[PDB]
J.: 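Sending over a structure with zanamivir; questions below.
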Number of protein chains: 4
Amino acid sequence: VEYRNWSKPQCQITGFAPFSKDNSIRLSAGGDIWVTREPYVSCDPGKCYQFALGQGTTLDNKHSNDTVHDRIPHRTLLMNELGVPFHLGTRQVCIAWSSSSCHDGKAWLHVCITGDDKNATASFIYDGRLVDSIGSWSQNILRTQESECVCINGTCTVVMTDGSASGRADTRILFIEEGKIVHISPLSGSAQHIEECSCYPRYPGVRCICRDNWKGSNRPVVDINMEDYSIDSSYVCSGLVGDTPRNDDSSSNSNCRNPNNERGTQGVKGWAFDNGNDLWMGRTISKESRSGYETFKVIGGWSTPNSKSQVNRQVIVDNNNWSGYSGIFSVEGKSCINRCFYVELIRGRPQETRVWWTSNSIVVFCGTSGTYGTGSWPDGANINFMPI
Amino acid sequence: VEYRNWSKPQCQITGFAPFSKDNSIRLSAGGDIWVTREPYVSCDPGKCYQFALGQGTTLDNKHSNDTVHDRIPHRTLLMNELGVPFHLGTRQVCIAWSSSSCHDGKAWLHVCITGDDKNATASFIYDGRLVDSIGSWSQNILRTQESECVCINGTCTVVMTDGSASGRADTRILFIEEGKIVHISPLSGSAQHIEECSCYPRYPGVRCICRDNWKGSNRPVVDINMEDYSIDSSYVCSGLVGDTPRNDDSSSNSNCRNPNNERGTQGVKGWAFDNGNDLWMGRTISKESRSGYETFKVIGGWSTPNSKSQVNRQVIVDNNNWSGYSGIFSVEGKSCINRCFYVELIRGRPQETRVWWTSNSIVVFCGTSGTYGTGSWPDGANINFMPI
Amino acid sequence: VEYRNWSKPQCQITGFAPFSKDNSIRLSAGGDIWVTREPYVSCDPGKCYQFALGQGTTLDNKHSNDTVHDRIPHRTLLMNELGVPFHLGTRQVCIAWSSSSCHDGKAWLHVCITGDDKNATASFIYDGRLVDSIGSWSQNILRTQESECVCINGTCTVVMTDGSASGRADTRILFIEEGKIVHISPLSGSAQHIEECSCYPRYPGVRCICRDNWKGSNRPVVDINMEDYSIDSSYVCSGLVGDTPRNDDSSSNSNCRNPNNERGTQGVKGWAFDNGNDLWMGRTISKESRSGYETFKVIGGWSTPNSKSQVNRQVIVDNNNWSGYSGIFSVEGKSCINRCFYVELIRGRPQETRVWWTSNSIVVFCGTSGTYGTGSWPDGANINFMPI
Amino acid sequence: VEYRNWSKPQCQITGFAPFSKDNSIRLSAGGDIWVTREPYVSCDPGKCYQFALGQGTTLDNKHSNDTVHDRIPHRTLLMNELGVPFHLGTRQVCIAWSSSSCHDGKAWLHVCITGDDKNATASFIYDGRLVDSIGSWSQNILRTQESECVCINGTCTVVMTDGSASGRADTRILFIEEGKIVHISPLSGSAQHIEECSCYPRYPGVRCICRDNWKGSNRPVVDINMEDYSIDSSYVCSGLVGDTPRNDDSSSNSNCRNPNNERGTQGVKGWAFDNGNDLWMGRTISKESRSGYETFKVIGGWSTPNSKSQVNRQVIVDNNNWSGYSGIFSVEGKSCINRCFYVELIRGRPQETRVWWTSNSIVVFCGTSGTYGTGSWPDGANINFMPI
Ligand SMILES: *[C@@H]1O[C@H](CO)[C@@H](O[C@@H]2O[C@H](CO)[C@@H](O[C@@H]3O[C@H](CO)[C@@H](O)[C@H](O[C@H]4O[C@H](CO)[C@@H](O)[C@H](O)[C@@H]4O)[C@@H]3O)[C@H](O)[C@H]2NC(C)=O)[C@H](O)[C@H]1NC(C)=O
Ligand SMILES: *[C@@H]1O[C@H](CO)[C@@H](O[C@@H]2O[C@H](CO)[C@@H](O[C@@H]3O[C@H](CO)[C@@H](O)[C@H](O[C@H]4O[C@H](CO)[C@@H](O)[C@H](O)[C@@H]4O)[C@@H]3O)[C@H](O)[C@H]2NC(C)=O)[C@H](O)[C@H]1NC(C)=O
Ligand SMILES: *[C@@H]1O[C@H](CO)[C@@H](O[C@@H]2O[C@H](CO)[C@@H](O[C@@H]3O[C@H](CO)[C@@H](O)[C@H](O[C@H]4O[C@H](CO)[C@@H](O)[C@H](O)[C@@H]4O)[C@@H]3O)[C@H](O)[C@H]2NC(C)=O)[C@H](O)[C@H]1NC(C)=O
Ligand SMILES: *[C@@H]1O[C@H](CO)[C@@H](O[C@@H]2O[C@H](CO)[C@@H](O[C@@H]3O[C@H](CO)[C@@H](O)[C@H](O[C@H]4O[C@H](CO)[C@@H](O)[C@H](O)[C@@H]4O)[C@@H]3O)[C@H](O)[C@H]2NC(C)=O)[C@H](O)[C@H]1NC(C)=O
Ligand SMILES: *[C@@H]1O[C@H](CO)[C@@H](O[C@@H]2O[C@H](CO)[C@@H](O)[C@H](O)[C@H]2NC(C)=O)[C@H](O)[C@H]1NC(C)=O
Ligand SMILES: *[C@@H]1O[C@H](CO)[C@@H](O[C@@H]2O[C@H](CO)[C@@H](O)[C@H](O)[C@H]2NC(C)=O)[C@H](O)[C@H]1NC(C)=O
Ligand SMILES: *[C@@H]1O[C@H](CO)[C@@H](O[C@@H]2O[C@H](CO)[C@@H](O)[C@H](O)[C@H]2NC(C)=O)[C@H](O)[C@H]1NC(C)=O
Ligand SMILES: CC(=O)N[C@H]1[C@H]([C@H](O)[C@H](O)CO)OC(C(=O)O)=C[C@@H]1NC(=N)N
Ligand SMILES: CC(=O)N[C@H]1[C@H]([C@H](O)[C@H](O)CO)OC(C(=O)O)=C[C@@H]1NC(=N)N
Ligand SMILES: CC(=O)N[C@H]1[C@H]([C@H](O)[C@H](O)CO)OC(C(=O)O)=C[C@@H]1NC(=N)N
Ligand SMILES: CC(=O)N[C@H]1[C@H]([C@H](O)[C@H](O)CO)OC(C(=O)O)=C[C@@H]1NC(=N)N
Ligand SMILES: *[C@@H]1O[C@H](CO)[C@@H](O)[C@H](O)[C@H]1NC(C)=O
Ligand SMILES: [Ca+2]
Ligand SMILES: [Ca+2]
Ligand SMILES: [Ca+2]
Ligand SMILES: [Ca+2]
């Protein structure tokens with residue numbers, strides 16, 4: 001078994017095709033299924049796995065009460081083959097209320113963060129053993145991607161933040177070899193706030209589209225040089241911005257360099273990726289709430305400031321249904337690297353108060369060079385049918 | 001691991017022997033079990049798997065209500081080892097309300113159709129990654145086999161239809177290499193309506209017996225040339241016809257060439273295969289309803305128009321019990337290729353209205369050159385014992 | 001991987017030590033667990049599996065009602081790693097209300113009998129595919145061992161009976177190569193009724209201790225020559241007899257040759273094996289009912305007619321608790337072949353009428369050359385705590 | 001695959017980082033989960049497993065009533081991958097109310113004790129088969145480590161005791177090769193009572209920190225010479241003692257040689273390990289009850305009698321929460337052997353009488369050379385939410 005290098009060109013795509021769906025919430029009404037949030041997907045060279053942060057409880061369980069909260073000691077990282085719902089046989093890979101995972105071609109790396117808000121611990125687990133750990137550097141909720149990290153030639157990279165959720169924070173990029181932290185680079189560039197990066201291999205480096213929770217509804221970009229550990233950052237040029245909340249399409253802006261100061265505070269994890277001058281991106285359909293989900297290509301979305309010409313739109317989840325987090329993952333094909341994405345379908349609180357829990361299912365799409373039609377693939381549970 | 005060629009003679013058989021049964025519905029009354037329909041079986045070179053289209057819910061679950069419907073966004077393709085019932089640990093292989101799967105000797109191919117009736121998407125997943133996709137070509141419920149596809153020397157073929165369920169439609173035959181569509185041939189020959197083909201290797205080609213939902217209660221045949229992609233089609237010669245509904249045996253006809261125009265509209269997925277001039281086939285015992293299941297050999301059933309001399313009949317499910325879809329699968333033996341079949345045993349609506357759900361179990365038989373007795377292997381659930 | 005030959009001497013044992021227990025019935029009161037009976041154990045060269053005949057239902061399930069009956073179409077052979085209780089993820093290996101299984105060193109053979117009492121079918125499944133089948137030869141409940149078959153040098157043998165349960169029947173010994181029946185030998189010798197043989201490798205042949213359901217409370221012996229297919233039979237010499245019912249120790253007899261005509265009608269599956277002139281055997285503690293279970297060595301029990309000197313007794317299940325079937329299995333060690341046994345612990349009807357079902361758990365012991373103490377390892381469920 | 005030698009230096013650590021947590025009890029309130037106690041962790045060269053002694057029942061089950069008791073015939077050793085909670089698919093590895101397991105690089109050894117208090121049997125199972133057994137030598141509850149044994153170059157060692165729980169007993173050290181007992185050494189040295197040793201490889205030998213249930217609240221040490229089978233023993237030098245009950249830190253003592261006679265009777269399984277003159281250890285936070293859990297390094301804790309200078313303290317479980325047993329396990333890294341530990345989190349009786357059962361979950365930490373923060377990772381179940 002050899003290290004992944006991801007040294008193939010990016011697959012040229014025409015859009016995305018249905019890949020997976022787990023129906024977690026529908027099943028929870030007739031079976032013992034984990035309460036989760038912050039899911040993601042990552043694949044070893046052979047097969048794909050679905051991940052999520054458990055809440056230390058199943059849904060039909062009095063412990064499901066008040067699971068809207070983000071951080072408790074009982075949250076653990078769950079890992080199943082993609083499409084296997086989180087049943088009671090699911091392995092809890094580590095303790096985590098924030099995480100990132102990736103396979104370097106030989107073994108799995110898991111980055112798991114847990115403990116006190118003001119003094120958290122990140123554990124680094126590789127090939128099934130704890131290899132390293134680091135403590136909070138800013139004493140304010142050390143946190144990471146909530147989607148896959150990326151490895152090239154045996155070095156995995158992950159983006160981590162510690163500090164204010166509504167102001168300048170301390171973001172660092174780690175380089176990890178077989179679970180051992182070998183280098184840490186400070187964030188550099190023009191991005192002013194970085195959270196929950198959705199990263200992907202772009203040989204010879206790694207590129208990330210993240211969440212600015214402070215002043216931007218445009219998404220920050222973090223570029224990682226795997227050769228000399230140097231870091232650059234900016235913002236996605238597209239005038240059709242990807243965060244939520246955000247202004248409507250007719251009044252949104254991005255200059256590629258600065259946070260737009262348009263409903264900048266708060267946000268949601270998301271993704272986008274470049275193709276030459278163009279940009280493929282997803283976002284919630286609603287501009288103010290985590291409702292609906294759409295993807296499209298923005299012409300000049302990567303290179304041209306404030307570009308707003310889109311094409312190849314697809315509805316993933318219609319705007320009558322709840323969405324949530326979304327993130328990218330990459331899958332190596334015979335001759336090219338394909339881009340896929342998942343979306344978290346959040347049910348329960350705070351939006352749906354009939355129940356006292358908060359959980360999610362997922363739906364997953366992959367880049368295609370073929371053709372496709374239309375549809376909508378929401379969570380599908382009837383809130384009135386659920387144990388409260 | 002080498003590609004399958006299926007280049008062995010067909011096993012000579014005297015009938016069929018019991019192979020598998022999952023007791024899905026009986027178990028659903030005391031356990032969390034998926035609601036399904038449209039099951040099938042396919043085997044890799046080592047072992048067999050049972051497949052089915054889930055309804056995104058378990059049976060003892062309020063979401064089981066009104067699962068009689070064929071197409072919702074939450075249907076996914078399930079896959080377990082044969083004889084492992086669809087419990088909550090079952091892997092959902094892809095999103096699909098119509099599907100076909102097959103192993104080429106190296107990896108699994110999955111053809112998964114989902115989305116809007118008028119604009120569906122078929123995803124092609126090979127070796128655990130999405131490789132290709134195609135959109136609806138006639139904007140009227142793109143649909144496929146609901147049983148195993150067939151691969152020879154690295155090329156897998158599958159039959160798909162788009163268009164009217166009760167009139168001329170657009171049927172195409174796809175040739176797929178490692179998940180990539182390399183050629184598409186239009187249907188040719190005298191078959192006038194093609195649905196839900198049950199295909200099997202007949203080296204050097206592939207042969208399919210299908211469902212004519214328009215004018216024929218005789219089953220159409222599709223012959224696929226894997227070498228030059230040419231297509232031929234006709235109808236099973238046997239005067240004992242295999243569709244449901246159909247005329248009684250004394251007034252049924254087939255001329256090998258045209259739909260018989262006898263209770264031709266509607267139908268059910270089924271199978272048959274040739275042995276020289278003779279035909280082995282199954283069908284429901286009832287001529288108008290999906291009740292009972294019987295197999296027999298028709299002497300001259302392949303070569304002689306309107307032949308009605310049968311022998312070696314076996315009851316699989318007696319006519320007091322519900323059946324449903326049936327399909328063929330092929331298993332490679334030491335010196336010959338054996339033919340097997342499964343029978344879908346539908347319970348619930350529309351026939352059984354005490355409950356509000358629709359689901360199924362399966363029973364499976366394989367060709368034998370030995371001897372055997374008699375029996376009946378129905379679903380076995382007591383509708384009165386079921387959660388409604 | 002090479003065929004098993006079992007060409008090592010039998011391990012010299014001092015008695016038996018605890019090996020496994022599944023607690024099936026206790027768990028059934030708080031979890032979804034298969035209803036079973038007629039369990040056994042068999043191991044591949046690496047590890048051991050527990051088998052049983054399911055009743056097509058879990059215990060906490062209205063379908064568990066009236067499962068005291070021996071034969072329905074929904075019974076299937078279940079197979080898990082030893083110690084894994086029959087949960088809903090259990091694989092149903094074949095359709096069977098009577099069975100036998102064994103591994104020849106390369107793959108698993110399953111002999112599965114189902115269908116009508118008067119016209120049953122035995123299916124032979126090898127390496128995951130149906131290879132052969134035979135129909136009933138006496139039209140009266142074709143039946144087999146309910147414990148492991150035995151393979152030497154690629155040839156597996158199994159004992160089958162068809163005909164009266166209370167009079168002369170038609171017993172045959174099959175020889176099977178990779179699932180294919182290659183020879184069938186009639187029973188020969190002085191055994192007058194043969195059922196449910198517990199067989200073991202005794203290189204170069206196979207030896208079986210069985211159940212005479214007609215005239216003997218002494219257990220029949222069947223000796224199988226794997227070289228020329230010849231068959232011999234007799235009765236265990238020991239004056240301490242192994243069947244239930246039987247006379248008490250002071251009035252029981254065996255002459256090694258004929259059924260003793262002592263409470264000979266009815267019986268229970270059991271086991272014993274020879275060591276030189278001596279015999280190791282198990283039996284129920286009660287002489288009339290399937291209660292308790294004990295093992296001991298009879299001095300001269302193999303060679304001396306009516307020998308009644310025992311030593312090294314061990315209580316496996318005390319006489320205040322229900323037992324049932326028991327059988328032998330053999331495990332290859334570094335330098336010798338060890339003998340182990342399981343016992344079926346039957347709960348429910350007909351003995352316990354508070355519940356309407358019949359099921360079992362198991363306890364398993366293996367031969368030891370070391371030392372050991374005392375105990376009792378019954379089912380352990382409180383009948384009053386059970387779903388009825 | 002080669003035998004383990006553990007011939008690498010001990011990893012230098014700065015403390016411990018979060019590794020695993022199973023949330024057993026929270027899950028038991030909404031799912032079918034085994035009732036357990038006496039858990040531990042052990043890893044093969046690739047991955048880690050969690051073990052525990054089942055009570056032959058799930059928690060939401062009437063059989064969970066009165067499971068506070070230590071020894072019943074239905075207790076079996078459970079084994080899952082670490083982080084997989086004990087669901088119904090869990091393998092019961094052997095019958096046991098006391099156990100120890102370890103992997104020698106090639107296969108698993110299991111030491112399983114069950115049967116009558118006065119006449120127990122220890123079974124030795126290696127590579128999936130029973131290889132040896134030994135009977136009770138003092139007729140008073142033969143018992144062992146309840147944590148991993150240790151193997152070097154194909155020889156595994158385990159510590160066992162038989163005799164008084166509150167007086168002089170008979171402790172022996174077994175050396176086992178491929179499941180076969182090759183030598184037994186009597187305890188020697190100054191330790192006066194030995195139970196439940198937590199052992200670890202310290203090449204070329206093995207070192208154990210145990211429980212003195214008679215006169216010491218200081219923990220006994222047992223040193224095992226794997227080359228000549230010689231045994232030495234003493235007591236942990238640290239004046240900060242590790243047993244419960246114990247004197248408070250101001251009035252506790254140890255002289256490295258003798259039991260301290262400070263609240264010496266009773267106790268709890270625990271651990272510690274040396275690093276030069278220093279000691280890393282864990283213990284309950286409460287000095288009289290199994291509540292809370294803390295780790296720290298004692299400067300001179302290994303070499304200096306009565307040393308009480310600690311540093312690098314970490315709270316694992318705060319003193320408002322129940323703990324229980326704890327034990328060490330060792331994990332081979334690229335260049336060093338790391339030390340890890342688990343903590344048993346006991347819920348139910350006798351401390352919490354709303355419920356009638358006794359069970360536990362686990363939390364697991366591994367040594368780190370990196371940095372870390374603070375937290376508390378208790379069981380987390382709400383006793384009021386539990387089935388009683
Ligand atoms: C069957 O399915 C196919 C494939 O999904 C589908 O074709 C697609 O239609 C959409 C919508 O027309 C196309 O995407 C659009 O492209 C135009 C540029 O040509 C953009 O201007 C559009 O964006 C505007 O309109 C959107 C609403 O449609 C707004 O949300 C957005 O803010 C803009 O105002 C949009 O991106 C897409 O390019 C094609 N795909 C392909 C490959 O042709 C087809 O319509 C379906 N057929 C039917 C009748 O259902
Ligand atoms: C024990 O089991 C064996 C094996 O199943 C069984 O033998 C089989 O009997 C059936 C029924 O007689 C045979 O099948 C028939 O073959 C004749 C030609 O010889 C056909 O004419 C029959 O078809 C007509 O009758 C059917 C009803 O039986 C109608 O449904 C049909 O429309 C036709 O009118 C039928 O195909 C079969 O050939 C044998 N199998 C073998 C290998 O011998 C035997 O009867 C069983 N014994 C008992 C008493 O259960
Ligand atoms: C601790 O455990 C050991 C191992 O189990 C145990 O030693 C065993 O005791 C039994 C009972 O005494 C021995 O078996 C007996 O052997 C004598 C011949 O020496 C037979 O006569 C006995 O059979 C008669 O008695 C039985 C009841 O005990 C009747 O059921 C039977 O019908 C006969 O009347 C019986 O087989 C056995 O040999 C030893 N095992 C060894 C290896 O020594 C020991 O007793 C236990 N200690 C205590 C005090 O519990
Ligand atoms: C963020 O996390 C870090 C890492 O956990 C943490 O630093 C640690 O603080 C503890 C507590 O001060 C240190 O442990 C102490 O070490 C001193 C010697 O230097 C000992 O005297 C202490 O023992 C006494 O006090 C204990 C209570 O704190 C008593 O229980 C005990 O009986 C003694 O009286 C204790 O061992 C530890 O060394 C550091 N760790 C490192 C690596 O620096 C830090 O405090 C956290 N920050 C916050 C604000 O949460
Ligand atoms: C399954 O769903 C159906 C449809 O909603 C339910 O039946 C309906 O119940 C409503 C409310 O009482 C009635 O007003 C309608 O007349 C019913 N519809 C039909 C078509 O009969 C039914 O209750 C559900 N089944 C279960 C078991 O909950
Ligand atoms: C198991 O099945 C039997 C047979 O139906 C049930 O016993 C019968 O119950 C009916 C209706 O409740 C009574 O009228 C009959 O008197 C019973 N028949 C017999 C033979 O006693 C029994 O109730 C079922 N058990 C459970 C728990 O459902
Ligand atoms: C657990 O078992 C105990 C003991 O049987 C039960 O408590 C007893 O109940 C009986 C009958 O009601 C009383 O007479 C005794 O006084 C009780 N014993 C004790 C020690 O209190 C208890 O009910 C069981 N728990 C549950 C939830 O079923
Ligand atoms: C570590 C932590 O709690 N991270 C958060 C996160 C966070 O609050 C913001 O991004 C602000 O910094 O946002 C939210 C959110 O849904 O917006 C979920 C996360 N939940 C978990 N990761 N557990
Ligand atoms: C795609 C789809 O909905 N196909 C159908 C199918 C169909 O309606 C006819 O064949 C007419 O074209 O028939 C039936 C049927 O039970 O008759 C089940 C199917 N259900 C599913 N495949 N889900
Ligand atoms: C095939 C069949 O029904 N065999 C029987 C069996 C049998 O009735 C006698 O041995 C008489 O011939 O006995 C019993 C019994 O417990 O005695 C269980 C079996 N149950 C099952 N094997 N399913
Ligand atoms: C074999 C046995 O029953 N051992 C004990 C044990 C024991 O009583 C003492 O150490 C004194 O000898 O302590 C306790 C304990 O929680 O204190 C748990 C054990 N339970 C089990 N191992 N099952
Ligand atoms: C959840 O907890 C809240 C706050 O304690 C309580 O008011 C509510 O009743 C709980 N919900 C359920 C379903 O028990
Ligand atoms: Ca924002
Ligand atoms: Ca038709
Ligand atoms: Ca008898
Ligand atoms: Ca003590």
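Reminder, nothing fancy here: chain letters follow the sequence lines and each chain counts from 1. Whatever order the structure lists ligands and atoms in, that order sets their numbers, starting from 1. What you see below is based on every heavy atom in this structure, not just the backbone, and it leaves out hydrogens, waters and symmetry mates.
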J.: Curious which chain letters or ligand numbers map to zanamivir here.
T.: ligands 8, 9, 10 and 11
J.: What does the PDB entry call the chain that holds zanamivir (ligand 11) with the greatest number of close contacts?
T.: Neuraminidase
J.: What other chains come closer than 4.0 Å to zanamivir (ligand 11) by at least one heavy atom?
T.: D
J.: Out of curiosity, what organism is attached to chain D in the PDB?
T.: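 The organism in the entry is Influenza A virus.
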J.: With nothing but distance in play, are any N or O atoms of D/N213 less than 3.5 Å from an N or O of zanamivir (ligand 11)?
T.: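 No, no N or O pair falls under 3.5 Å.
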J.: Pick, from D/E195, D/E196, D/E38, the option with the minimum heavy-atom distance to atom 12 (O) of zanamivir (ligand 11).
T.: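 The option holding the nearest heavy atom is D/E195.
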J.: Is D/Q55 near zanamivir (ligand 11), meaning one of its heavy atoms is under 4.0 Å from it?
T.: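 D/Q55 does not count as a contact of zanamivir (ligand 11) under the 4.0 Å cut-off.
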J.: Determine from the deposited structure the residue and atom in covalent linkage with zanamivir (ligand 11).
T.: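 The answer: no covalent bond.
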J.: Would you indicate which of D/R71, D/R143, D/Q145 comes nearest to atom 2 (C) of zanamivir (ligand 11) when only heavy atoms are counted?
T.: D/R71
J.: Backbone, side chain, both or neither: what part of D/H193 comes under 4.0 angstrom of zanamivir (ligand 11), heavy atoms only?
T.: neither
J.: What makes up the binding site of zanamivir (ligand 11) if contacts are defined by heavy atoms under 4.0 Å?
T.: D/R37, D/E38, D/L53, D/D70, D/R71, D/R75, D/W97, D/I141, D/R143, D/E146, D/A165, D/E195, D/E196, D/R211, D/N213, D/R290, D/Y325
